[PDB]
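Below, read A as the first sequence line, B as the second, and so on, with proteins coming before strands; counting in each chain starts at 1. In listed order, ligands and their atoms are each counted from 1. Heads up, header says this was done by X-ray crystallography, 2.4 Å. Values reported hereafter were calculated over all heavy atoms of this structure, with side chains retained and with hydrogens, waters and symmetry mates removed.
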Amino acid sequence: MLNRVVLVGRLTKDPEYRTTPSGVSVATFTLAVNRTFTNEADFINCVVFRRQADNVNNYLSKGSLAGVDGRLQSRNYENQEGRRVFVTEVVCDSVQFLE
Amino acid sequence: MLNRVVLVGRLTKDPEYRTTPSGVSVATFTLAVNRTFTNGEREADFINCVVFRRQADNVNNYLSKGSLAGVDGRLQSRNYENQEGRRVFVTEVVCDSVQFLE
Ligand SMILES: O=c1[nH]cc(F)c(=O)[nH]1
């Protein structure tokens with residue numbers, strides 16, 4: 001079914017590397033996406049698969065402007081405090097490096 | 001900045017329909033959005049949506065568990081403390097429009 005999300009925002013921190021529970025490598029970063037209206041940003045976790053993870057970790061850093069096109073994915077997991085965390089993330093088909 | 005979400009899916013439950021403390025209609029539901037790829041089995045994503053005003057009224061009046069719907073909106077994050085004292089991070093789709101597809 002149709003699942004498409006597009007964002008332009010600035011990274012809140014330097015991107016990271018991580019391995020999925022199944023051992024697949026990804027890059028992760030958080031995008032601060034300023035709203036168009038007035039009463040503020042939204043903070044959206046993004047996930048890049050395969051070698052695109054290397055472009056993300058080398059070209060972007062905290063404050064970099066980026067654009068993402070991808071799909072929204074839900075998952076959940078138990079954190080270290082033994083707590084069930086529910087997340088909705090953008091799994092990126094492409095990341096555009098705007099600056 | 002650019003922030004756009006489009007989804008087609010089916011409601012996992014009857015929408016929840018209420019009037020906020022500002023006086024606006026509010027509707028919430030979870031859209032089960034099937035993935036295009038397959039594992040052979042095909043998995044789904046479960047996206048929390050919220051709609052306000054006339055679109056909320058329409059959602060309550062026409063959508064029910066299992067209904068096919070299309071949403072066009074924006075992705076919003078927020079924070080809250082639960083009664084256990086834990087910070088909970090919320091990501092949901094705030095719908096500008098809902099399309100009824102059945
Ligand atoms: O962050 C993630 N994105 C997609 C996945 F399939 C997963 O396991 N973890």
Original post:
Name of the drug or drug candidate at ligand 1?
Top reply: fluorouracil
Original post:
Which partner chain accounts for the most atom contacts with fluorouracil, named as in the PDB entry?
Top reply: Single-stranded DNA-binding protein
**OP:** Using a heavy-atom cut-off of 4.0 Å, list the other chains contacting fluorouracil.
**Re:** A
Subject >> Close-contact set for fluorouracil against A/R18 heavy atoms, below 4.0 Å >> reply: 1 (O), 2 (C), 9 (N)
Original post:
Which of the atoms in fluorouracil, numbered in the order shown and given with their element, are less than 4.0 Å from a heavy-atom of A/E89?
Top reply: 1 (O), 2 (C), 3 (N)
Subject >> Close-contact set for fluorouracil against A/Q73 heavy atoms, below 4.0 Å >> reply: 4 (C)
Subject >> Atom indices of fluorouracil within 4.0 angstrom of A/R75 heavy atoms, with elements >> reply: 1 (O), 2 (C), 9 (N)
Subject >> Sub-4.0 Å atoms of fluorouracil with respect to non-hydrogen atoms of A/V47 >> reply: 1 (O), 3 (N)
Subject >> Nearest-contact summary for atom 5 (C) of fluorouracil - protein heavy atom, Å >> reply: A/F49 CZ, 3.8 Å
Subject >> Nearest protein heavy atom with distance in Å, relative to atom 8 (O) of fluorouracil >> reply: A/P21 CD, 3.8 Å
Original post:
Can you list, by chain and number, the residues with heavy atoms within 4.0 Å of fluorouracil?
Top reply: A/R18, A/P21, A/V47, A/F49, A/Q73, A/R75, A/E89
